[PDB]
8 protein chains.
Amino acid sequence: XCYXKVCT
Amino acid sequence: XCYXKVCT
Amino acid sequence: XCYXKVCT
Amino acid sequence: XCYXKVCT
Amino acid sequence: XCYXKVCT
Amino acid sequence: XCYXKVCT
Amino acid sequence: XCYXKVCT
Amino acid sequence: XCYXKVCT
């Protein structure tokens, strides 16, 4: 998913 | 951008 | 800093 | 490990 | 894989 | 770039 | 400097 | 050994 400023 | 397995 | 499971 | 600007 | 600044 | 067995 | 398994 | 700009 994404959170803060990182997506995987 | 992306690198390895993460986009930021 | 760190957040969730990453430090940047 | 770490790479670029992310450690996990 | 990648680590630091290199990918082998 | 890449050479031999490394990329940067 | 050196890290992991590479030196430069 | 070394090649290019790396020793491993």
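Each chain gets a letter, A, B and so on, in the order its sequence line appears, and its residues count up from 1. FYI, non-standard residues read as parent or X, and their leftover atoms are not counted in contacts.
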_chain G: drug name_ = lanreotide
_chain G - name per PDB_ = Lanreotide
